[PDB]
A.B. asks: 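Have a look at this one.
Below, chain A is the first sequence line, B the second, and so on; all start at residue 1. Just so it is clear, the values below take in all heavy atoms, side chains as well, and ignore hydrogens, waters and symmetry mates. Numbering of ligands and ligand atoms starts at 1, following listing order.
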Amino acid sequence: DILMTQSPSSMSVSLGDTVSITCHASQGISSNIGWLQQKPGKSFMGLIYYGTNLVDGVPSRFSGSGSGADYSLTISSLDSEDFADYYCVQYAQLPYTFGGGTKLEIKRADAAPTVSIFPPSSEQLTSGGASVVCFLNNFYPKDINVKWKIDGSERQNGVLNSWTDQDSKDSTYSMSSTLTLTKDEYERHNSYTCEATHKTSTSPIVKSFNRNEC
Amino acid sequence: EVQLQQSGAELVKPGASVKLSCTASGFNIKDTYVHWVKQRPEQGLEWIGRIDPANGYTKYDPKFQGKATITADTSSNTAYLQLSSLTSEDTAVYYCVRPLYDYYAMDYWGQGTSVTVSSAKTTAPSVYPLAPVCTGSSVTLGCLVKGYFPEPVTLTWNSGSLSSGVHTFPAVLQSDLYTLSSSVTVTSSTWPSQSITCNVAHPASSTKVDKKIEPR
Amino acid sequence: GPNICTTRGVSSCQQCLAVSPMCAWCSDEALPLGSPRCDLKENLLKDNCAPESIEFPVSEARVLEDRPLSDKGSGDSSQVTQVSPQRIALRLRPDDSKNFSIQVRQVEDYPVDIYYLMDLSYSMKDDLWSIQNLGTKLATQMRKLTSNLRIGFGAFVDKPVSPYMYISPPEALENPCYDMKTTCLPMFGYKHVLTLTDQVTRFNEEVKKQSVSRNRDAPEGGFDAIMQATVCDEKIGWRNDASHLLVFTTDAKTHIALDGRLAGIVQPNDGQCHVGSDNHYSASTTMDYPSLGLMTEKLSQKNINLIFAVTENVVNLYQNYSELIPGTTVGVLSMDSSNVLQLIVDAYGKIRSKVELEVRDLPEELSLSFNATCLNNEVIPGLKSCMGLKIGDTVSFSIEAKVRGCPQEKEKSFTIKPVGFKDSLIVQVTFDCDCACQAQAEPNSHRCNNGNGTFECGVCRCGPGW
Amino acid sequence: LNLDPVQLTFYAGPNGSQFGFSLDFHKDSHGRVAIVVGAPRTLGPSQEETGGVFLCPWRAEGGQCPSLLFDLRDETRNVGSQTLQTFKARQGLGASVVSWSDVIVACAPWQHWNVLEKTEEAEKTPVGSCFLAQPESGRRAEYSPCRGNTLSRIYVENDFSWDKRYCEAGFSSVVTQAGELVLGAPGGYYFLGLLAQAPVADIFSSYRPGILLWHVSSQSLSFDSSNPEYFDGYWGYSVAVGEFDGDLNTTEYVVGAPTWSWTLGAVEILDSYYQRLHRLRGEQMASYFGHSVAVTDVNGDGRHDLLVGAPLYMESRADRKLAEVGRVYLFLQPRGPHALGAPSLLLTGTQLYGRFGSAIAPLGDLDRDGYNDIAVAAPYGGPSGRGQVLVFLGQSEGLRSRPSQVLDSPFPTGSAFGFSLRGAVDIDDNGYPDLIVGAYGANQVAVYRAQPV
Ligand SMILES: *[C@@H]1O[C@H](CO)[C@@H](O[C@@H]2O[C@H](CO)[C@@H](O[C@@H]3O[C@H](CO[C@@H]4O[C@H](CO)[C@@H](O)[C@H](O)[C@@H]4O)[C@@H](O)[C@H](O[C@@H]4O[C@H](CO)[C@@H](O)[C@H](O)[C@@H]4O)[C@@H]3O)[C@H](O)[C@H]2NC(C)=O)[C@H](O)[C@H]1NC(C)=O
Ligand SMILES: CCCCS(=O)(=O)N[C@@H](Cc1ccc(OCCCCC2CCNCC2)cc1)C(=O)O
Ligand SMILES: *[C@@H]1O[C@H](CO)[C@@H](O[C@@H]2O[C@H](CO)[C@@H](O)[C@H](O)[C@H]2NC(C)=O)[C@H](O)[C@H]1NC(C)=O
Ligand SMILES: *[C@@H]1O[C@H](CO)[C@@H](O)[C@H](O)[C@H]1NC(C)=O
Ligand SMILES: *[C@@H]1O[C@H](CO)[C@@H](O)[C@H](O)[C@H]1NC(C)=O
Ligand SMILES: [Ca+2]
Ligand SMILES: [Ca+2]
Ligand SMILES: [Ca+2]
Ligand SMILES: [Ca+2]
Ligand SMILES: [Ca+2]
Ligand SMILES: [Ca+2]
Ligand SMILES: [Mg+2]
């Protein structure tokens, strides 16, 4: 099968910028390539077919180019609607194959995350479980790491993470991390910590608490 | 206008089978090829196969050979994708695709059919209030919605009142049951001065529990 | 008493004869003034007119060549007589008529040419097997009817050009049966195989080496082959004095004129021979199929009897074509040509079961009538064709020629010939309208108004210029 | 009657190009009349016959014409694990040309096509193709509705149903007033013959170079058949349009099938959904009844009338003998919803092999008497066999039985003078409709200007 290496995985840009997505095939496909657009939480829209031909209804600010095994989708003057996912697909050979994808994200000034830790509720503890929740809200860029430390020692089993799409208002990202232990195991230890590592600070942002103590 | 209108979201058990539909709107399904594409967050887009509804001849990626069966009924102007011996990995979004002009292109896409394979029964969520620990100018509360099935759930604060400054995170599958959470941020003069309630509705089990956040 | 000859009041001997075939003229000098010199021949002699001065032509018809009808067409270098008499002299005066007879015989043991023109498309693959001893068995059966049999063989498929011809893959050109599990010949339009010969085993052995080809559409290009087998006299080998049987066998419809445009061919068929030393029809891919009218013209020109030996599924089609090409015979060919032998023998008998008279070069002023005598001395008036005849039978026709007035040319000749026959009756007509006394006239006669007139046949005529 | 046979205008193309095989009048956006001339054996780039098109500006002197350029390069596309191939050698570009609005449609009925998939193939066959041009803008488009990508083995396994591989699309052509191109494909459906229609605007808007296989969703194709009456009938040998059902909002098609029903021949009138409304059967087998069809109202009742040429009709003569001279049939459209009856008039040629009826051109109203007229071609008629064009004038009862004027070929023997005709257009703007006559055998076109009576 023909591998479609699409680059970059993502890019942070602003309105009016001229950006270019590239797609490399494992062999010559002679312009038998299409470009796709998937707006967040919605279906797909055809942009280009056969290398350079616009799909009916697509603005001319979109354009496709390339030959052999190297192709490019260029968007001149980005519009607020253009921030979405983009995929290349080759149909030179069966089976058809797609690229990894490219996400256009809004660029803005860096922003440190607001960290907040939350001990298990009374209700959950009386049922036999225990979950410590750590909220990391409104930060930029998206690249971030969360580390759970029980009594200062890292913990990786039982962690459950979830991220939000780029916010519409402030164009920031937010993350949620939930460590779930049993009630019995939760009481074997005292200190619970979540460390946030973001490029806005060389030192990790730390927030923690101690069981029983309040 | 060309429109591909697929079937509703399917919720099935492992080992069973499901038949998705893709109905042509504003054109004859017999006109062009009809493809099927599988989408997953990690694995990405995957081509399943195609059918010529005019004659019923099909093509398949050898990966899906066995599980995927593509058929079409020109009478009802509909194409079908049947998936057999379902597995957790078959949980994905499925699209039917047809070209615009180029015989071999992939230009028009249906809205997509959601498929979720699980043995979980209709389980109601467990709502837990998230109060901070025993200081600043801004305060952040939370609400945990653990162990429900299937999706989705609606989460508001004070019955849609407190909307701005809220982050409801996407659900995550935890051992055949979903887990969701949401945070809200206001000033210190607001809480605990003003009652803040987490309203969680799970229409599947028809439950609307509401937990009030209480300090420690 | 006075008749139309006198009451007309003629001026000259010529005008007298033009009144009626019964009128006569007296050129005698000693004739009373009141007595008319244009009356019945009996009245002139009654009026003491010198018999030598009487101009009274009598329409006659005497035979010049009257060879007897042959009892056998065998032997001789074609000294056979099948029409008697072969030549007569006919003399007619104005508005008169005369009768004469003609005998036509279907002579026994007459030489026969049989050229086997065969569809060799893939649908005829099994037919080839049936006819591997045909030349032998056909010689055995025709030996009872003729001692001078010559046979030959030709083959056709269709125009070797797309879309009739498969042109892919490259192997398909060398072997059209490539996509199947067999081999067949490359496509060919028409190829001459065997010139007409009395060596019938040549037919068998040539046929044993023949094989079929294959093309894309069911209608085949046999009409191209019929044209070439007709107009390529020297190559096919037709004999001057022989019955020409062109046996056309096929199991399919046929392409016709203006079909060639589906191959980009628009040039009309020229009706000329295009089969060279390689024995293939070289204009197959550059010249359109011939039209029914053009085929008819050549078949008639070369005295070729075309036989449609076709299968039941297309008999009606070819019967309908046969009606548009007179003289054509149709026979029902079995699905493997296993019955083609008896089919040919019956066609030959049906071909020689008719005698139809035909008139060539008849003057405008001459009209003819025919009384036919067929079967057993049974006169059939107004008929010039006999049917239901057998080899050896003889028929006869009574003929009457009627001339209207007198034509400018006094000597013309025309031909009575049966359809498809070699021999014919030549009628040499002479129009006796003038008088012998005119050849001895007297221009500027002293007897006619002081030289202002001419004295001929005993009277004075106004000279030239008056 | 009033065509000028003294002062002609001659256009000419290269030798052996068959310049004048097809022709048509063409008006530009400004209403200026030109003459589009097809030359289906014009040499291409590889010194091989591919055909060609010429756009002749109107000049009383005539002369040479500039080419209307089209892509003559063979095409290859490797897509979908297949190889698409077009072959333009001997394709016959210009075997038919037709003009509508400011657009020219020139077709290559013998353009070949093939699809390769590993060891298998679709087979190299003449699907035909048409080329569209907007000369003033330079816009180009193609239309080849019978191209497919089905492998040969599949047609065998399905008993050769819906087999459009030998269509020869564009063999004949016509465009409705609404701008819908209608192609004759006499080889479609294994030589039954089919029709392909698509709006010109959609042909242009859905075409892109290098695709080779694309969809024109608004197109409409006729249907295959199992009735042997249609086998080898060459349905679509000739085509024409007109109004025959009383509904002015619908356009009716007229299709010639000159070998329909075992070469009896036929002409069918159908609606835009290819549903049969009328069928005229040939009078005589192999006469090629339906070789040409013409639609025009000749008796001035506003109802379109039908003319059918059978150029190989054999007239009966004395002593039970037939003579091929050709025949033309006139069918007057009856008032209201009724079937076309027996022919209202029979016109029969006189010259042996003259092929009277090979082409029938509506002339409009030539002598300006209120009745439309026609020209009939006998490309090998006349006392010399050089070819003749005969003008018949319309009248309240149909057509005159005797020609008002005869145009003898000005070209040498073999020019096929009259093989293509076109009238009903005033090219010199004198208020009288004129006649252009193609003579591909001499690679020339003659223009006859109508003059005051
Ligand atoms: C070879 O040539 C023969 C001879 O011409 C053709 O046979 C003819 O085929 C025609 C079309 O199939 C037939 O026309 C029909 O005549 C019918 C009844 O009249 C006939 O009466 C004669 C008495 O002489 C009989 O032989 C016949 O059997 C019939 O009884 C009509 O009823 C018939 O129906 C009409 O159809 C037409 C369409 O064609 C409609 O317009 C009309 O509304 C009505 O439905 C039709 O007119 C003709 O009878 C027939 N002749 C003979 C002698 O059989 C073959 O078709 C030709 N074959 C090939 C392969 O070329
Ligand atoms: C079956 C195709 C080729 C047959 S062949 O190789 O034996 N050639 C014959 C001629 C022939 C061609 C076609 C044919 O069937 C035509 C099939 C028509 C079926 C179509 C008709 C239109 N509707 C769809 C089905 C029959 C004979 C030979 O003698 O070389
Ligand atoms: C053909 O036979 C007809 C009779 O069927 C002949 O016509 C008759 O000829 C005799 C001559 O003795 C007349 O007495 C009759 O009055 C004629 N009958 C007619 C004219 O009806 C005719 O002469 C014969 N013609 C030929 C050429 O043989
Ligand atoms: C003409 O007919 C008569 C009988 O009426 C016959 O005696 C005579 O022989 C015929 N003439 C010829 C030349 O045969
Ligand atoms: C071909 O074209 C030339 C013009 O170059 C012309 O003079 C000639 O007569 C034509 N015929 C042949 C046989 O060359
Ligand atoms: Ca054939
Ligand atoms: Ca056989
Ligand atoms: Ca209408
Ligand atoms: Ca009318
Ligand atoms: Ca008029
Ligand atoms: Ca004019
Ligand atoms: Mg055959």
A.B. asks: Quick check: what drug is at ligand 2?
C.D. replies: tirofiban
A.B. asks: Mind checking which chain tirofiban touches most? I'd like its name from the PDB entry.
C.D. replies: Integrin beta-3
A.B. asks: Would you pull out the other chains with a heavy atom less than 4.0 Å from tirofiban?
C.D. replies: C, D
A.B. asks: Below 4.0 angstrom from a heavy atom of D:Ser225, which tirofiban atoms are there? Numbered from 1 as shown, please.
C.D. replies: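 Those qualifying, in numeric order: 22 (C), 23 (N).
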A.B. asks: State if C:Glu220 counts as touching tirofiban under the rule of any non-hydrogen atom under 4.0 Å.
C.D. replies: yes
A.B. asks: Counting non-hydrogen protein atoms only, what is the nearest one to atom 3 (C) of tirofiban? Give residue, atom name and distance.
C.D. replies: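 Of the protein heavy atoms, C:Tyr166 OH, 3.7 Å lies nearest.
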A.B. asks: Is there any other ligand or ion under 4.0 Å from tirofiban, and what is it?
C.D. replies: ligand 12 (magnesium ion)
A.B. asks: Less than 4.0 Å is my threshold; does some heavy atom of D:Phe223 fall inside it relative to tirofiban?
C.D. replies: no
A.B. asks: Please could you name the atoms of tirofiban that D:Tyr189 approaches to less than 4.0 Å, counting only its heavy atoms?
C.D. replies: 22 (C)
A.B. asks: Among all protein heavy atoms, pick out the one at the shortest distance from atom 4 (C) of tirofiban; state its residue, atom name and that distance to 0.1 Å.
C.D. replies: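 Looking only at protein heavy atoms, the one closest to atom 4 (C) of tirofiban is C:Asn215 O, 4.7 Å.
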A.B. asks: May I ask you to list the atoms of tirofiban that are less than 4.0 angstrom from any heavy atom of D:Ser161?
C.D. replies: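 In order of number, 24 (C).
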A.B. asks: Could you tell me, atom by atom, which parts of tirofiban come under 4.0 Å of a heavy atom of C:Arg214?
C.D. replies: 6 (O), 30 (O)
A.B. asks: Curious: how does the deposit label chain D?
C.D. replies: Integrin alpha-IIb
A.B. asks: Which Ca(2+)-binding residues that UniProt annotates in chain C are found with a heavy atom under 4.0 Å from tirofiban?
C.D. replies: C:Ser123, C:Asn215, C:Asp217, C:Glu220
A.B. asks: At under 4.0 Å between heavy atoms, is it the side chain or the backbone of D:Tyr190 that contacts tirofiban, or both, or neither?
C.D. replies: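 Side chain only.
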A.B. asks: Students should be able to answer this: which protein heavy-atom is nearest to atom 19 (C) of tirofiban, and at what distance?
C.D. replies: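 Atom 19 (C) of tirofiban sits closest to the protein heavy atom D:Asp159 O, 4.1 Å.
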A.B. asks: Under 4.0 Å from a heavy atom of C:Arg216: give me the atoms of tirofiban that qualify, with their elements.
C.D. replies: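 So the answer, numbered in order with elements, is 12 (C), 13 (C).
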A.B. asks: What is the listed source organism of chain C in the PDB?
C.D. replies: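 Per the entry, it comes from Homo sapiens.
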A.B. asks: I'm curious, in chain C, which UniProt domain holds most of what contacts tirofiban?
C.D. replies: vwfa
A.B. asks: Got the closest protein heavy atom to atom 20 (C) of tirofiban, with its distance?
C.D. replies: D:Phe160 O, 3.7 Å
A.B. asks: What Mg(2+)-binding residues, per UniProt, in chain C have a non-hydrogen atom within 4.0 Å of tirofiban?
C.D. replies: C:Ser121, C:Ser123, C:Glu220
A.B. asks: Which protein non-hydrogen atom lies closest to atom 22 (C) of tirofiban, naming both residue and atom, and how far is it?
C.D. replies: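 Answer, as residue, atom name and distance: D:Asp224 OD1, 3.3 Å.
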A.B. asks: Would you mind running through tirofiban and noting each atom that sits below 4.0 Å from a heavy atom of C:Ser123?
C.D. replies: 28 (C), 29 (O)
A.B. asks: Which residues define the site around tirofiban at a heavy-atom cut-off of 4.0 Å?
C.D. replies: C:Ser121, C:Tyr122, C:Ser123, C:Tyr166, C:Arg214, C:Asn215, C:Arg216, C:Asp217, C:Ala218, C:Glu220, D:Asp159, D:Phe160, D:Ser161, D:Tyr189, D:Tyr190, D:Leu192, D:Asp224, D:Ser225
